[PDB]
Trainee: 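Before my questions: this is chloramphenicol bound to GNAT superfamily acetyltransferase PA4794.
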Amino acid sequence: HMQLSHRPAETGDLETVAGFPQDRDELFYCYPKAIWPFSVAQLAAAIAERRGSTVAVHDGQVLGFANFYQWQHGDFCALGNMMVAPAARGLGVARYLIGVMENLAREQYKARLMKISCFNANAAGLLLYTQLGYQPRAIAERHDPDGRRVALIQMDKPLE
Ligand SMILES: O=C(N[C@H](CO)[C@H](O)c1ccc([N+](=O)[O-])cc1)C(Cl)Cl
Ligand SMILES: O=C(N[C@H](CO)[C@H](O)c1ccc([N+](=O)[O-])cc1)C(Cl)Cl
């Protein structure tokens, strides 16, 4: 059914990907420095500051997006901006794209570790990363757009 492929993100993908977050909570989980409503400009700003922006495609549709927000050659990468089209949630897109990013971190950055940080309210993410072999290492305090304290669960996984 799901026949996923991947390639580097392109300008022509921005409007699609900027359509993915469906509410302020979803935007905060995947891009906590963004301001609702999301926009192509905000997405392009991230892409410029980051590395490895990659889309996942199925049946001619861009269904996922991810990048690295930290990269340290021979050391680790940290995954962020993981977004999935609302019509394709729970179909394997995030897990597919995390595997692609793991490979890119190993191959291009010679990373030994991938870091993922997940906000506490994002249960789906915490469970998914757990299923993929990520372990929690620390919890950091952050604040949401209403000034409320949230917990950022910092996880990692050795790259094999
Ligand atoms: O789907 C969710 N989380 C996934 C888990 O991998 C991920 O964190 C995510 C976050 C934002 C998003 N988006 O805004 O399009 C999509 C997936 C929760 Cl919003 Cl239920
Ligand atoms: O700033 C620009 N380009 C950079 C890369 O040089 C990047 O693509 C970017 C785009 C939009 C942006 N924004 O509007 O926040 C920030 C950076 C153009 Cl607006 Cl000139």
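Residues take their numbers from the sequence shown, with the count starting at 1. The basis for the numbers below is simple: all heavy atoms, side chains too, and nothing from hydrogens, waters or symmetry mates. When a ligand or atom number is given, it counts from 1 through the structure's own listing order.
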Trainee: Quick test: of every protein heavy atom, which one is nearest to atom 3 (N) of chloramphenicol (ligand 1), and how far off is it to 0.1 Å?
Mentor: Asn122 OD1, 3.0 Å
Trainee: Check this for me - chloramphenicol (ligand 1), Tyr29, N or O atoms closer than 3.5 angstrom, yes or no?
Mentor: no
Trainee: Give the residue, atom name and distance (to 0.1 Å) of the protein heavy atom nearest atom 20 (Cl) of chloramphenicol (ligand 1).
Mentor: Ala124 CB, 3.8 Å
Trainee: Taking N or O atoms only and a 3.5 Å limit, does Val84 qualify as a polar contact for chloramphenicol (ligand 1)?
Mentor: yes
Trainee: What is the nearest protein non-hydrogen atom to atom 1 (O) of chloramphenicol (ligand 1), stated with its residue, atom name and distance?
Mentor: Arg89 NH1, 4.2 Å
Trainee: Please compare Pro21, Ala94, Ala121 and report which has the shortest non-hydrogen distance to atom 14 (O) of chloramphenicol (ligand 1).
Mentor: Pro21
Trainee: Could you tell me which atoms of chloramphenicol (ligand 1), counted from 1 in the order shown, lie closer than 4.0 angstrom to a heavy atom of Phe20?
Mentor: 15 (O)
Trainee: Which protein non-hydrogen atom lies closest to atom 9 (C) of chloramphenicol (ligand 1), naming both residue and atom, and how far is it?
Mentor: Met82 O, 3.5 Å
Trainee: Starting from atom 19 (Cl) of chloramphenicol (ligand 1), what is the nearest protein heavy atom, named by residue and atom, and what distance separates them?
Mentor: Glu26 CG, 3.6 Å
Trainee: So which bit of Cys30 gets within less than 4.0 Å of chloramphenicol (ligand 1), heavy atoms only: side chain, backbone, both or neither?
Mentor: side chain
Trainee: List the residues forming the binding site of chloramphenicol (ligand 1), heavy atoms under 4.0 Å.
Mentor: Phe20, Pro21, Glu26, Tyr29, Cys30, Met82, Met83, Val84, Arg89, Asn122, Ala124, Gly125, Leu128, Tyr129
